[PDB]
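Here the structure comes first, spelled out in structure tokens, and everything after it is commentary.
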Amino acid sequence: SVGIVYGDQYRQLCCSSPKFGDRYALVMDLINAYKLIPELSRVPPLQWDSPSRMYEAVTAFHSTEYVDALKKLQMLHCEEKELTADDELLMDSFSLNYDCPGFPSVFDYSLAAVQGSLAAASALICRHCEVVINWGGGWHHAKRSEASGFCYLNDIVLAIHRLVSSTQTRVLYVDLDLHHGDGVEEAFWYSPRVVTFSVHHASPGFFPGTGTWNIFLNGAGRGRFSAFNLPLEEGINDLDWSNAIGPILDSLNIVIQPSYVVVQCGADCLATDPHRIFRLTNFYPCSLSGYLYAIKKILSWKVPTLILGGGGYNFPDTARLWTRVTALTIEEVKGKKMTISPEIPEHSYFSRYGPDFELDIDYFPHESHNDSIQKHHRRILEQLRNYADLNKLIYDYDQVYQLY
Ligand SMILES: Cn1cc(CNCC2CCN(c3ncc(C(=O)NO)cn3)CC2)c2ccccc21
Ligand SMILES: [K+]
Ligand SMILES: [K+]
Ligand SMILES: [Zn+2]
């Protein structure tokens, strides 16, 4: 089946942060309003038998001292008194500040995404679902002992760790967010069994700064050549982004033959995101949403797949996109046509979709603002060949080369 992570408490926690407000509720209620929930298997977020078991799961990636500090940060924000200077310094040492501040549910909020993505991984491993969706996860920036980019715990790294440790198992990670998936790339820098691929904007001063010329670094030790990046200029439209990523995705699948795919589907590439860097849409025809193009291509491989959320700061338009991703996933997995009215159906959050209440985002596409892509394709092809040689994988050089 196709699974999707949700639950009443999960919803409450995913809506408890100051940065993302009620975004997750709009997403799930739009999916519900389009009558997709009966098509999907509800995957309950993972809960544990003890604090010790919870700590063991989270510290599979994060340090105990970071988890301790994150939990203390929540406690401190549930009291009225200011932090002590010593406690401010402690939080600063884990970057729990400015961009990743405390709030009264910061630990339960961050943990909830881990709970959802670990449960989603398990549903794939046991074969209950062929694809699982978690629109409350996808927090790709968090590091072993560091919060970053509004991300406190890296549910993606933990989910991937659970997948690769199941039964050689290789995972392909595809990061469609506007920003470079640095936390996941770093976690698996030395691992050839998790190949990471991020497409993103990069430019001077733009967060987080990595995923671009440094030459291109691409892994180390036995993980050399296993970290792939495609930085793209601002203004790119659906078609040019699709043509940029398409052959790379196909060639990665052919060469790596992954046991699982994990996709991060951050919605901040939309033309209507307040970032306004890329000009992608959620259109499903004559522009085809780059997101929908990529997901359809990944799902055509018939590999068990985890689809995660991420960025997306225009909440109604993030719901508009992820509702279409969810419908496409049902259609591709079950072979069952999903017809979606171009008109937003009545439901709790209908007023948020004004003034015109249509499923398409309110945007009029045109040509990209910007040869460079061809150089990147040559570089990535060479890196893939290097990866395959280092890891003794066999592959038709010219079937792969002809994809470009
Ligand atoms: C305006 N203003 C600027 C700052 C300093 N930090 C800003 C950067 C902006 C850029 N930034 C950031 N992180 C993640 C994402 C994302 O979507 N990742 O997939 C996007 N953007 C880091 C933080 C700041 C801190 C607190 C309050 C206001 C403040
Ligand atoms: K990305
Ligand atoms: K890697
Ligand atoms: Zn982002």
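Here chain A follows the PDB entry for its numbers: 2-168, 177-223, 232-302, 314-398, 402-435, in order, are the residues you see. Determination method: X-ray crystallography, 1.5 Å. Atoms within a ligand are numbered from 1 in the order they appear, just like the ligands themselves.
By its PDB name, the drug at ligand 1 is quisinostat.
The chain that quisinostat touches most here appears in the PDB entry under the name Histone deacetylase. The source organism field of the entry for chain A says Schistosoma mansoni.
With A284, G214, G150 as candidates, the residue nearest to atom 13 (N) of quisinostat on a non-hydrogen basis is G150.
Annotation: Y341 places an N or O atom under 3.5 Å from an N or O atom of quisinostat; distance criterion only. There is a protein heavy atom closer than 4.0 angstrom to atom 23 (C) of quisinostat.
Under the 4.0 angstrom criterion, atom 3 (C) of quisinostat counts as lacking any protein heavy-atom contact. One option in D100, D186, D184 has a heavy atom closer to atom 6 (N) of quisinostat than any other, and that option is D100.
Atom numbering of quisinostat starts at 1 in the shown order; those under 4.0 Å from a heavy atom of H142 are 16 (C), 18 (N), 19 (O). Shown here, atom 8 (C) of quisinostat is in close reach of the protein: a heavy atom of it lies under 4.0 Å off.
Distances from atom 18 (N) of quisinostat to the protein include at least one heavy-atom value under 4.0 Å. Under 4.0 angstrom from quisinostat, there are no non-hydrogen atoms of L187. Residue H188 holds the heavy atom nearest to atom 16 (C) of quisinostat of all those in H189, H188, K20.
Within a 4.0 Å radius of atom 29 (C) of quisinostat, the protein contributes no non-hydrogen atoms.
Numbered from 1 in the order shown, with element, the atoms of quisinostat that lie under 4.0 Å from a heavy atom of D285 read 17 (O). The deposited structure shows no covalent link between quisinostat and a chain. Besides quisinostat, ligands or ions with an atom closer than 4.0 Å to that drug are found; these are ligand 4 (zinc ion). Residues of other chains with a heavy atom under 4.0 Å from quisinostat: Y99, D100, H141, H142, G150, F151, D186, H188, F216, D285, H292, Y341.
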